[PDB]
Amino acid sequence: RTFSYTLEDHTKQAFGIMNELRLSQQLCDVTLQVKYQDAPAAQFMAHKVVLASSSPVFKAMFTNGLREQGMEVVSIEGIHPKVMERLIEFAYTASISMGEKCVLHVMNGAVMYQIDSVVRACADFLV
Amino acid sequence: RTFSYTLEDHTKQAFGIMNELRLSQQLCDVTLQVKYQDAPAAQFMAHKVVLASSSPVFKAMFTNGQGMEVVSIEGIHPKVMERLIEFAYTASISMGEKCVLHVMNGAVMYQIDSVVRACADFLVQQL
Ligand SMILES: *[C@H](CC(=O)OC)C(=O)OC
Ligand SMILES: *[C@H](CC(=O)OC)C(=O)OC
């Protein structure tokens with residue numbers, strides 16, 4: 001015989017504690033310090049492989065070129081730090097929430113990182 | 001207003017992506033050297049944050065006292081460790097009726113309860 005088993009919500013629960021390691025700052029190999037014009041500078045430590053799984057350009061930033069081992073500090077410009085936080089959380093919890101006055105900026109931030117499931121969610125909200 | 005959105009198929013897609021990354025040895029920080037009793041020694045590369053997301057033992061291992069790490073693994077077979085690692089990235093596992101005990105023992109070593117309870121429920125069928 002051949003017995004097979006598939007835990008359905010495993011990916012839901014596995015992502016649940018990958019978010020714990022991000023908040024507890026464990027196993028992190030990238031630090032996204034993002035500074036925006038007329039905005040307080042911020043820092044978000046995350047995991048390269050889990051951000052690569054949610055964004056093709058996050059995947060491209062970390063897979064090619066000469067990357068720093070251990071932990072790589074990445075300077076990011078162009079998006080507000082309060083928008084990058086919305087994107088990183090979506091990459092860890094598969095959900096995103098905000099007010100009606102920021103869905104435009106979050107859409108532009110999600111287009112740059114090609115998180116297409118968010119650019120279509122922000123588009124369906126504005127219709 | 002308040003915008004909210006949850007992509008349901010996200011965690012399934014993201015795991016399929018970082019499964020492609022482990023099959024191409026990108027963004028990996030582990031080399032699991034499996035040394036069993038007179039078995040052909042095999043090696044498996046994976047991510048600390050992914051193995052920690054599916055195994056409490058792997059979480060306690062990688063979160064203690066950086067960079068790339070090579071860990072020796074003994075007491076487990078390469079093919080049952082390979083099946084456990086594939087479960088971490090695919091949430092699925094498949095064995096033969098003659099290998100259900102050697103995988104339940106491998107899963108009980110790393111406290112992957114979902115695989116343990118499934119294999120233990122298989123043995124009570126023929127009992
Ligand atoms: C928007 C802030 C936000 O999205 O809160 C969830 C913003 O930064 O204004 C430009
Ligand atoms: C081998 C099953 C086994 O008993 O190894 C511990 C196997 O099915 O490989 C796919």
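By convention in this document, chain letters (A, B, ...) are assigned in the order of the sequence lines, proteins followed by strands, and residues within each chain are numbered from 1. For the numbers below, each heavy atom of this structure counts, side chains included, while hydrogens, waters and symmetry mates do not. First listed ligand is number 1; within each ligand, the first listed atom is number 1.
The name recorded for the drug at ligand 2 is dimethyl fumarate (bound form). The chain sharing the greatest contact count with dimethyl fumarate (bound form, ligand 2) is, according to UniProt, Kelch-like ECH-associated protein 1. With a cut-off of 4.0 Å on heavy atoms, the other chains touching dimethyl fumarate (bound form, ligand 2) are B.
In this entry, the covalent bond from dimethyl fumarate (bound form, ligand 2) runs to B:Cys99 SG. The site surrounding dimethyl fumarate (bound form, ligand 2), defined by heavy atoms under 4.0 Å, contains B:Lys79, B:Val80, B:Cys99, B:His102.
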